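Note: structure shows noscapine engaged with NOS4.
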There are 2 protein chains.
Amino acid sequence: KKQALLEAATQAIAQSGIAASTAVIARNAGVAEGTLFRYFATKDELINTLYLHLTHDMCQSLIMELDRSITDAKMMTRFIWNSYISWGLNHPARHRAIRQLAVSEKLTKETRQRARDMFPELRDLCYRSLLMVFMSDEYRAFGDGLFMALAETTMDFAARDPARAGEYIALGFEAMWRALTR
Amino acid sequence: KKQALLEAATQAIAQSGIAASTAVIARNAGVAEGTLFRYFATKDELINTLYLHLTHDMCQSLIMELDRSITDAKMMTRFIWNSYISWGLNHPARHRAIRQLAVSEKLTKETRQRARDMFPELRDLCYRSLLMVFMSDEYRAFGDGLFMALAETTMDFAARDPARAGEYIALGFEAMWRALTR
Ligand SMILES: COc1ccc2c(c1OC)C(=O)O[C@@H]2[C@H]1c2c(cc3c(c2OC)OCO3)CCN1C
Ligand SMILES: COc1ccc2c(c1OC)C(=O)O[C@@H]2[C@H]1c2c(cc3c(c2OC)OCO3)CCN1C
């Protein structure tokens, strides 16, 4: 099924990178390799769709825990940071794959913009405090990559030192905030 | 010699993480695991010695390129940033290996203290501008990991989009400077 292949592609891309074979992915999904291509016509297609599926999963937990009572930009961003830190901690495979898929040459401009416009409110809540350079078409991926690099580092230190996780998350957040916001 | 094991360790920890087995390291170097254990009594000893050797290779490349006439603290830091990014693009396995080793649990803090004190002038150069949080005993490793996560993203984008390399290095540097310095 389409769902069993996206899950195998998630784990494979997280462990082996974007160079994961489609022969490994369908095999790790219980279907033959031909079924993979009858759902995802090309390697690049599965790359782009899984990005859309992973970003949809990630933001749906971003906005799910977001307090709509909050109106201050920084406090609101602290909510989204804590949710993203928690999502990666609760879903280590999806976070690793969404990292390697956001980086890649293979993501088309249509998938990149649709990943932002899929949740328009959260986009404006996740972008309208940024350095304007990081919302440009040419540096938006890089801006997402600095954020995710800082978040991953925050995840690792926290899971490996739970007593201090509360401080890693706060320090990581302020560091991210000075790095990317205006 | 040991160099084959140290190099195999670099490639393997950069690929399969600190979780990489002693057997493949030894095997990808064409030496017996026993011999690996004849030179490194534990996997922990291997990981602490490797971190020392890898930090020495990186720090000396940093000081090999310094200009002793750069007396501005921020400009001097930008030179060191340029060196580190350059060192990471020329040796992506050594750089990828240094990030996982530095954030791992099994690295004794006598080891990483010895890593910073083998180049004391470099140590005080790159740490003189840092916030107190990131010079603390508890959050020093966290500061190095945030720096390295930002540099790694900078290297990844500069290598894959070289038409825009200069912007990534500059934006990466300024992002890092806001995140970690007073
Ligand atoms: C609604 O659509 C989106 C919003 C924001 C982002 C992406 C995105 O599309 C899927 C993306 O791919 O990456 C960022 C990045 C990010 C967030 C929140 C931020 C921030 C960020 O990095 C620029 O800067 C300060 O607040 C949320 C989590 N996400 C990893
Ligand atoms: C030799 O002595 C050292 C100096 C600086 C650092 C370490 C170190 O020991 C090996 C270290 O392990 O971590 C940092 C980190 C780092 C550098 C340069 C920086 C910086 C850094 O991290 C906070 O911030 C401001 O500029 C250089 C590279 N290195 C990865």
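Note: chain IDs run A, B, ... matching the order in which the sequence lines appear. Note that chain A is numbered according to the PDB entry, with residues 9-190 shown in order. Chain B is numbered as in the PDB entry; the shown residues are, in order, 9-190. We count ligands from 1, going down the list as the structure has it; atoms in each ligand are counted the same way. Values below: every heavy atom of this structure, side chains too, minus hydrogens, waters and symmetry copies. Structure method, as recorded: X-ray crystallography, 2.2 Å.
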Chains under 4.0 Å from noscapine (ligand 1) (heavy-atom)
A
Name the residues that contact noscapine (ligand 1) at heavy-atom distances below 4.0 Å. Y59(A), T63(A), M66(A), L70(A), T85(A), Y92(A), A123(A), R124(A), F127(A), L130(A), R131(A), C134(A), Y135(A), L138(A), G151(A), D152(A), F155(A), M156(A), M184(A)
Original post:
For atom 18 (C) of noscapine (ligand 1), what is the nearest protein heavy atom, given as residue, atom name and distance?
Top reply: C134(A) SG, 3.2 Å
**Message:** Okay, next: other ligands or ions under 4.0 Å from noscapine (ligand 1)?
**Reply:** none
Among protein heavy atoms, which lies nearest atom 15 (C) of noscapine (ligand 1), and at what distance?
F155(A) CD2, 3.7 Å
query: Who's the nearest protein heavy-atom neighbour of atom 24 (O) of noscapine (ligand 1), and how far?
result: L138(A) CD2, 3.3 Å
Note to self: Would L188(A) count as being in polar contact with noscapine (ligand 1), using the rule that some N or O on each side must be under 3.5 angstrom apart?
What the structure shows: no
Output yes when the distance from some N or O of noscapine (ligand 1) to some N or O of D152(A) is under 3.5 Å, and no in every other case.
yes
State the covalent attachment site of noscapine (ligand 1) as residue and atom, or none.
-> none
Task: Atoms in noscapine (ligand 1) flagged as close to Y59(A), the criterion being non-hydrogen separation under 4.0 Å - done: 12 (O)
**Message:** For atom 10 (C) of noscapine (ligand 1), what is the closest protein heavy atom, and at what distance to 0.1 Å?
**Reply:** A123(A) O, 3.4 Å
Exercise. According to the PDB, which organism is the source of chain A?
Worked result: Salmonella enterica subsp. enterica serovar Typhimurium
*Write out the residue and atom name of the closest protein heavy atom to atom 29 (N) of noscapine (ligand 1), then the distance separating them to 0.1 Å.*
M66(A) CE, 3.7 Å
Can you pull out the closest protein heavy atom to atom 4 (C) of noscapine (ligand 1)? Residue, atom name and distance to 0.1 Å, please.
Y135(A) CE1, 3.4 Å
* **For atom 8 (C) of noscapine (ligand 1), the protein heavy atom that lies nearest, with its residue and separation** => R124(A) CD, 3.8 Å
Need the noscapine (ligand 1) atom indices (1-based, order shown) with element for anything under 4.0 Å from a heavy-atom of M156(A). 30 (C)
